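Residue numbers begin at 1 in each chain, while the letters A, B, ... track the order of the sequences. Atoms within a ligand are numbered from 1 in the order they appear, just like the ligands themselves. Side-chain atoms are counted along with the backbone in the values below, which use heavy atoms only and exclude waters and symmetry mates.
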Amino acid sequence: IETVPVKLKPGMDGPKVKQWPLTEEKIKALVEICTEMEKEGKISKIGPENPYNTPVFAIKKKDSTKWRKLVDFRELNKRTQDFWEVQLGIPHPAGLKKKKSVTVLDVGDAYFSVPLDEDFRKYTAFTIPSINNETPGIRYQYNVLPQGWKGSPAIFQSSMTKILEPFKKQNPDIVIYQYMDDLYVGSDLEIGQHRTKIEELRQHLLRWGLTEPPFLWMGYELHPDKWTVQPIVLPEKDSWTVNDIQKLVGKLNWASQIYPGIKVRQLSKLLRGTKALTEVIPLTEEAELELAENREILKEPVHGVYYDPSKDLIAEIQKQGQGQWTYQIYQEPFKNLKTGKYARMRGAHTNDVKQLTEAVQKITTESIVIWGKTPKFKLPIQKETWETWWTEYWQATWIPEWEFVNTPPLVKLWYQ
Amino acid sequence: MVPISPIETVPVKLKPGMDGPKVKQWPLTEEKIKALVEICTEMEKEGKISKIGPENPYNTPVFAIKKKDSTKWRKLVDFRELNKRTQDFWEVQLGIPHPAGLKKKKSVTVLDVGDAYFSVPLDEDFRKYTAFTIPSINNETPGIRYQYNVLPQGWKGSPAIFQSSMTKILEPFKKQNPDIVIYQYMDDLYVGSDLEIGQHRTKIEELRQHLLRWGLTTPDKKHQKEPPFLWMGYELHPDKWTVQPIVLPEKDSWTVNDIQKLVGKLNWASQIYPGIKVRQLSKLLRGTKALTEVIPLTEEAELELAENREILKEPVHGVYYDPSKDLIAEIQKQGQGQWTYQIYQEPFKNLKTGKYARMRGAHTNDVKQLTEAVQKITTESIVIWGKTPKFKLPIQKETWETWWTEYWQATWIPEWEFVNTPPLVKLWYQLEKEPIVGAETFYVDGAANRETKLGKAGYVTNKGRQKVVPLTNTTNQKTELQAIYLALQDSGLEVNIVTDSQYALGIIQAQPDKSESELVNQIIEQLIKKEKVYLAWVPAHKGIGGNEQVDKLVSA
Ligand SMILES: Cc1cc(/C=C/C#N)cc(C)c1Nc1ccnc(Nc2ccc(C#N)cc2)n1
Ligand SMILES: COC(=O)c1c(N)c2cccnc2n(O)c1=O
Ligand SMILES: [Mg+2]
Ligand SMILES: [Mg+2]
């Protein structure tokens, strides 16, 4: 009921980020949403003495038909002070990624019940553009904690801890983790029981609410205990061609950068001479042993891999074709913290960019569950193509950072 | 008296840490001072400025300027210093409408709102920063001190605050009259509609009555301005638009500046004149920026200019947007990285045109450039019409399918259909996915000395064919490309090539069809002639047979 003071980081002004072009349907959706938000006191019109801006657009959440406003507060979040006053930071729960089922709830609607510091409101300014700039864009700022702003869960945390208290005490084995507008709820129950607990959980928020959230009813189900990883595997063959052995030596040479003890001497010796690529080469005993020893090395964990919470996570993605995508998450090169592969890219069989956008969201979700922050993506796409289309397929309430890769990596061959 | 509503004041601040201006008033002639006193006396009578006491420490210089071919002086208050110290504002006008996105109107009326401007008050707390001083006759009395009560012409905040103030006043009128459009530019309101003229005039009178609620009057004697309108470099008519006349000058010789102006005009023309080209003229401007230098036009530039004169020989117009119809965008390849497009709804009735130029860089291909043009047109179309056009592209559906399924990057183009208008965009070569049975295998390598730039490139094959060429003025990376070129030259129509150059593989795997490097172009020319090419990579210095053999031949 009383506001928490907020400031920007020393020597920084507010965000001044251009609104990107919006389609007619998204503008109309935003005009309706913001008209209601204004009637409810959540936002207010602003005048020309506020020069700040943050981009806004609209999405449809997964399995819903109603438009959701999404503000891209990435710039404001970078510029906003850090929040360690009451707590140094909420230790990320290592048990969340170990639960049989995790359901993600959209609790962002809760933030609108808390007023925002009057002196900070100007920095949340945003614009609803008009088609062809024919009318002045509609300018608003927030009066309440905004969805997507890193300060909202931090300021709401004391309220959240009290709302959830009876449920946690009543269910001591449930793991509950908040990230931005998301609540991640993990348990080891049979799914039917699990959903009932999730539905039990919704009622606490609803009961609290009335003392109606548009997307609280929804539920994104995950199963992190079944999440799958990608060790390095070598072919098992009866007939090795010159080409096969060259590819193997290439892959082993690459793996030698990650694992020590990798040898290719005996395998390369097989290719002595100047041979046809399609010629079949019988493996010698020495080459078979060296291969077997390499296989044994690749079954072991990478040495000296640790997570440092002070460093960025980096995610690389490769297009493998036929709807398949590989990815790696690391902080230091050759020190992967997780690797993975998708082929299940939903409703996007003829759209590369929709597939990549869904891959980006899935990887970010995995990274939030495991480490409690989002990675910086290295995307195999031209900037202009990505920036034209990704908002059409985005369904999450957060947005990670990304950069673009313009030269094809050899590494695609080694994760293939 | 009829009560009028006040205009809400916009609160204004100086930039953090900055104080107001303290600039010396210049001495003036007795004649100039007398002129400024009379002018300021009238502004004071009208409420625009007020005399202030000696306590105010701020000052901005004031000047008197002779209104040409007249005996009347004008005042100029030079707010440059205050402007440096005044906060930034939201500037609503940054993005201007494109004519191609406007809708046809039966009637467009212009209302002069210059007088309303002086009903917009300046934030009371900011007024002190606008202080200025008329020097006194002979410097024998204190100068007359004034500050502004209204938005000063020339002050940083005036355009944004005026525009926002008018918009807020007009909002209920626009909202409750959805059958008109209202656009403000400078001191005029433009009101358009499709009503029969009697009803349209009724709406204008209703707007005037609405504006009177805030005491804002407009000139009864209707404006002298009427369609067509000259606006932002365009001509607007009720049912069509074009650019203002494009006149390319005749010259016996051309300077740097002349060519910059020519390309500027051509770029501007290219939004409605189809097929404008600027590559060869822009090539003349590479790297140098001495505006007076005379650059001889190349034969190619003279040809491009002649082609442009023919395109511009007579007027072309665009039509306006009909939201009930689809948008169609058609693209053609023009050569040398140039692309041209038209956007229309009905055949042969363009809304606008445009062009796209290849981005600068080492290598490219036509499919990538076509994709880039599509993305540019898509984004422009979202801006102008709020939707993506349906595309008509000079690329076969099967060509696109082969490209995107095999390309290492994610790529997408929205709904489109093939249009068979040459030259068509095609794939010029396709590398094999697997080694070729029965094709000779060429192991290539290169090396160069970093000091002398002497080097070697060559190959060895499984048939015992070999070649090493000594080279001058080369580098390690270049020799790797030269070695691949040799292998392509000396092999049959199907060939397996083994390289240890990650660099060379990275270039060829990017699938360029044209390059800034003549060597890469020669390689591309060779690839096009082959039936099948498999390019395999191996790590150097790992004891791989053929690779180690050729490495020894070129590194000695
Ligand atoms: C942007 C704009 C510039 C001017 C003009 C500024 C100036 N000078 C006048 C108006 C009324 C508008 N606003 C809109 C909005 C939607 N459709 C149109 N169509 C439209 C406008 C003018 C003519 C004409 N003649 C025909 C159609 N105009
Ligand atoms: C002593 O030689 C070398 O270390 C050597 C390289 N580092 C090398 C790197 C890329 C491509 N080709 C290469 N070749 O051919 C080499 O010989
Ligand atoms: Mg080499
Ligand atoms: Mg070598």
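Most heavy-atom contacts to ligand 1: the chain the PDB entry names reverse transcriptase.
The drug located at ligand 1 is named rilpivirine. Counting only non-hydrogen atoms, chains lying under 4.0 Å from rilpivirine (ligand 1): A, B. Here the heavy atom of the protein found nearest to atom 22 (C) of rilpivirine (ligand 1) is B:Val108 CG2, 4.0 Å. The protein non-hydrogen atom at the shortest distance from atom 16 (C) of rilpivirine (ligand 1) is A:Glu134 OE1, 3.7 Å. For rilpivirine (ligand 1), one of its N or O atoms has an N or O atom of B:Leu236 under 3.5 Å away.
In the entry, the organism recorded for chain B is Human immunodeficiency virus type 1 BH10. The distance criterion of under 3.5 Å between nitrogen or oxygen atoms is not met by B:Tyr185 with respect to rilpivirine (ligand 1).
The shortest contact between atom 21 (C) of rilpivirine (ligand 1) and any protein heavy atom is with B:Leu102 CD1, 4.0 Å. Remark: rilpivirine (ligand 1) atoms within the under-4.0 Å shell around heavy atoms of B:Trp231 are 6 (C), 7 (C), 8 (N). The name for chain A in the entry is Gag-Pol polyprotein.
Residue, atom and distance of the protein heavy atom nearest to atom 13 (N) of rilpivirine (ligand 1) are B:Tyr183 CB, 3.6 Å. Residue contacts with rilpivirine (ligand 1): B:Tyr190 is placed with a nitrogen or oxygen under 3.5 Å of a nitrogen or oxygen of the ligand (distance criterion only).
Protein heavy atom in closest approach to atom 26 (C) of rilpivirine (ligand 1): B:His237 O, 3.2 Å.
Per-residue contacts place B:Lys103 under 4.0 angstrom from the following atoms of rilpivirine (ligand 1) (heavy atoms of the residue considered): 17 (N), 18 (C), 19 (N), 20 (C), 27 (C).
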